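What follows is a deposited structure in which one can find AZT-TP.
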Amino acid sequence: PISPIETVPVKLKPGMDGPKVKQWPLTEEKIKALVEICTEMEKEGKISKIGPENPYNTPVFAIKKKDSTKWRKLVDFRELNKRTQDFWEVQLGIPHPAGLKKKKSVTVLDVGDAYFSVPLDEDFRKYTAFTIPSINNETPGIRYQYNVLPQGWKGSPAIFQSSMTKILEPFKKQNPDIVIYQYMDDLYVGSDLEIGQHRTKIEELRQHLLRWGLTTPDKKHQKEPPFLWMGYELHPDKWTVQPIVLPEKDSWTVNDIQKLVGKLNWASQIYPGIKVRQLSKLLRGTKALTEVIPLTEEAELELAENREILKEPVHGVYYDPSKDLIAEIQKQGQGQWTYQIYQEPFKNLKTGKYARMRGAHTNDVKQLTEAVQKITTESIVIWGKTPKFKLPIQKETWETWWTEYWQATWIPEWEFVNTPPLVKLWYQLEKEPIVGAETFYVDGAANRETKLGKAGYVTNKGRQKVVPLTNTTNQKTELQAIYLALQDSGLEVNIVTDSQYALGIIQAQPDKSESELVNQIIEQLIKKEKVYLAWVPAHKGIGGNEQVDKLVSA
Amino acid sequence: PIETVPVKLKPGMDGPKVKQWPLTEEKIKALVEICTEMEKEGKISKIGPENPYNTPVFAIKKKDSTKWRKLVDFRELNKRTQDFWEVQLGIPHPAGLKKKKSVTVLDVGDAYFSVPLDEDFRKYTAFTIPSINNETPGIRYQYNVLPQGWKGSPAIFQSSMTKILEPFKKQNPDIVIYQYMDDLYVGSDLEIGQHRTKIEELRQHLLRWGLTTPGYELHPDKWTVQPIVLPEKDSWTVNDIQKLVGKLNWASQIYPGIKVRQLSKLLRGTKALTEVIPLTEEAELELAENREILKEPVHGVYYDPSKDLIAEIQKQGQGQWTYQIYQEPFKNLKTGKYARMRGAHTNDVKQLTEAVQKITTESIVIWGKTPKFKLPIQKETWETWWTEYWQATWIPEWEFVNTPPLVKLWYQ
DNA sequence: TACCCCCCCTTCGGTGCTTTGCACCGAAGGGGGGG
Ligand SMILES: Cc1cn([C@H]2C[C@H](N=[N+]=[N-])[C@@H](COP(=O)(O)OP(=O)(O)OP(=O)(O)O)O2)c(=O)[nH]c1=O
Ligand SMILES: [Ca+2]
């Protein structure tokens, strides 16, 4: 054979052998387009006829190239992949257009037959053995071993990406001012060269890629804006996503909502303020992907205003490494947040959204910190720096939160933006007991078998209560006992519990909860003017903690 | 041209496969430049995706350094070489190091580049440099010499090191020298001026053996333990005695002599929290005897070299931080408190980073080990910012805890 | 009826402390997107 470029050694998982599985009953319609290009491979040295000395077999099929009449070949290696050695992918992420610095001229060129231009490893080739079908079952069909990277293997992408870099390395060193965004075979090349010199250098690189036997087809090649790159339309000074089609179905299934949600998550990167909360509330705990489910009046409202954002076209800008990065966040309610990252006011680099609900009980400050960290990670990926933050929280609101919180927390350089709704702490536990406020010693208990329990309290002024509780747990009664003391107390109240569980939940100042009992405690705490929570150990003969421990066990 | 010591992983164990986390621009620049010159000097050489192993890499500046320093996160590799640097080629610990009035840390990590590495082990040192916005896929490398920050590196070089030291260990007999990875700890009872001179002598004594030193000054005798303390009040409220009894109740798991009966008696009624309670004779006495037991040492606490060290840290607010180092629960080998660290009253993460570094340094001097940390922080908060404030050439093991202060045990 | 990468949103099951309840998290299958 012949030898284009430096190969990569491959192995199997030690003490294991190759792929012996029988072919799929493929329809003769695909077989026509199949054996056509298949026989053309052997001429170029891409595939080879093998003797039965090769005892391996792997299935094969083909799917049409999207937006093309051409067909693309795929070999099912699922069983070969299970027994093939592990790699470490060199694809660490995806480039974003909002990271592109502005370039005077830009060229985008695909590599024709990308995997097939890279030589496989000599000794490993035997394991690619597969057989080609026929119109009848009489003729057997030739068995072949790949001499290059097959579409469908688990090592094909990683080896291609790494080989491509070694090829582009000498050129990149000769042309330091050329920006080559290398993603698989898709190449974005840009420069500040004048368009005449730029295309000249493009040809040197097409020659340099050709010197290693890498094709640069003209049809894939694009010389004029707006470039189609990574599903975007790149214009000289602006960019946008390629248009987004929302399904028009009258009756929705589960696979319909999924397609809708994903399309919206994709749109949320530039179209500001996309919300997925109420559409995703429909997919919780559903069995069938095919099941039909109705649209709530909430999710119907959400899809309408999400279509109105998509109605008017939007666009992003490019990165100016000289000017600062700015990220401003707004609160959308129900644990939903959106953000815009920009440099010049009102010209966005990109947008996004953080709606993750982390934990059973949370508040708006916790969720804002989680969103700031999501943006910081996202921003260090794309621009390698942390943006300056414009946050809808008062400076003294934050200063109070992080100083008092028992866990370490922080936010980078930021300034207050007065855009409502503002983030606030809806209540504040006193650091010291309240003089003149009634003091409530609460307690609760449940029977592990009966699921029946009591929750009540005693006070210094003689007040009392006990409540029977049905199908409850020791935790719920300890929370319930506090709910009572909040209901039956004045605007200022001291509450003494022996529950570690409840005091932990309340001291973190939540404004939202999955538990409905907690929301009612939250609701009461906002109403109060001064609340003081305290803790004593149980069964120590302490205070009224012993007296109410007696009432609720009876 | 030196003989390569063979290294094998722990029995039945695979090399480190750890993803590379995003890096800032200034750190990627510093790394590419550090990695370029290290390649033309043959210390490293590029590799390919056939290598299934990877280790994260980033850059730091030491305290006041101003010059970038490369740092690799070998915690996953070190956990899988554990047989090597403990059982086989390990170092004895000089228990007298903690007793010296001054100790200086020097970065000798540049000498590990002298010795080559076992060829079969270079497959586990793979690390990847990321690219801003994924302009380029990951550029991979691996180490041809002893890597800076691997725990097998100081053990292999130990033979070469003790020879380089021997003339100066003889020229100055009573000066203590300990080596923990990329750092060399040297301590004397000499005065500050005499001490810093013998360091420069040790620097030149290292120069003629082919090593530079891009010094940290400790004072192990100075460090002070933190004890559990009871408040002083001329009048006690119900909440005061309730808080007090809860604290003593918690402290009874360490000092068993703690008694609560006469103070619990004072609470017997159902009273308002702010109401004043005069102390009885036996309560005043039970309080007195309790204050004395907390002066004592914990009975039966001692260090076990076979066991791992644990380090808990609690944020006390207004710049204060507390910490306790233990092996078994409630058997505390040391307790302490830090205050007015860098970043106080403005940045929590920086202080917490500064605290981990100080605590780890103390454990290295005292026991020659790095403890596993229980950190009061959320995982996402810490994993984001911690590299920005890290100034040390080692990286301890840590986990994250959420333990609200039901009782303020370690600080009033 | 293939492979590799990134993202969100949901379930589920393992883990440890708040304890045999509840809360957290990470793996995984749904989708979108790139080649
Ligand atoms: C779209 C697609 C691409 N790939 C890989 C394999 C392909 N390499 N090859 N041969 C690369 C690039 O595919 P592609 O760039 O889309 O087209 P290609 O096969 O390289 O031939 P061309 O039309 O003349 O340009 O991505 C895949 O494995 N499965 C897919 O569905
Ligand atoms: Ca192609």
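Below, chain A is the first sequence line, B the second, and so on; all start at residue 1. Only heavy atoms go into these numbers, but all of them, side chains included; no hydrogens, no water, no symmetry mates. We count ligands from 1, going down the list as the structure has it; atoms in each ligand are counted the same way.
One finds AZT-TP in this structure at ligand 1. Contact analysis gives the chain with most pairs under 4.5 Å to AZT-TP as the one the PDB entry calls HIV-1 reverse transcriptase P66 subunit.
Other chains, heavy atom under 4.0 Å from AZT-TP: A, C. In this structure, the binding site of AZT-TP at 4.0 Å (heavy atoms) is formed by A:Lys65, A:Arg72, A:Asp110, A:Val111, A:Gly112, A:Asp113, A:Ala114, A:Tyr115, A:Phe116, A:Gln151, A:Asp185, A:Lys220, C:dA2, C:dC3, C:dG35. The entry models no covalent bond from AZT-TP to a chain. The PDB record for this entry identifies DNA chain C as DNA (38-MER).
Other ligands and ions closer than 4.0 Å to AZT-TP, by number and name, are ligand 2 (calcium ion).
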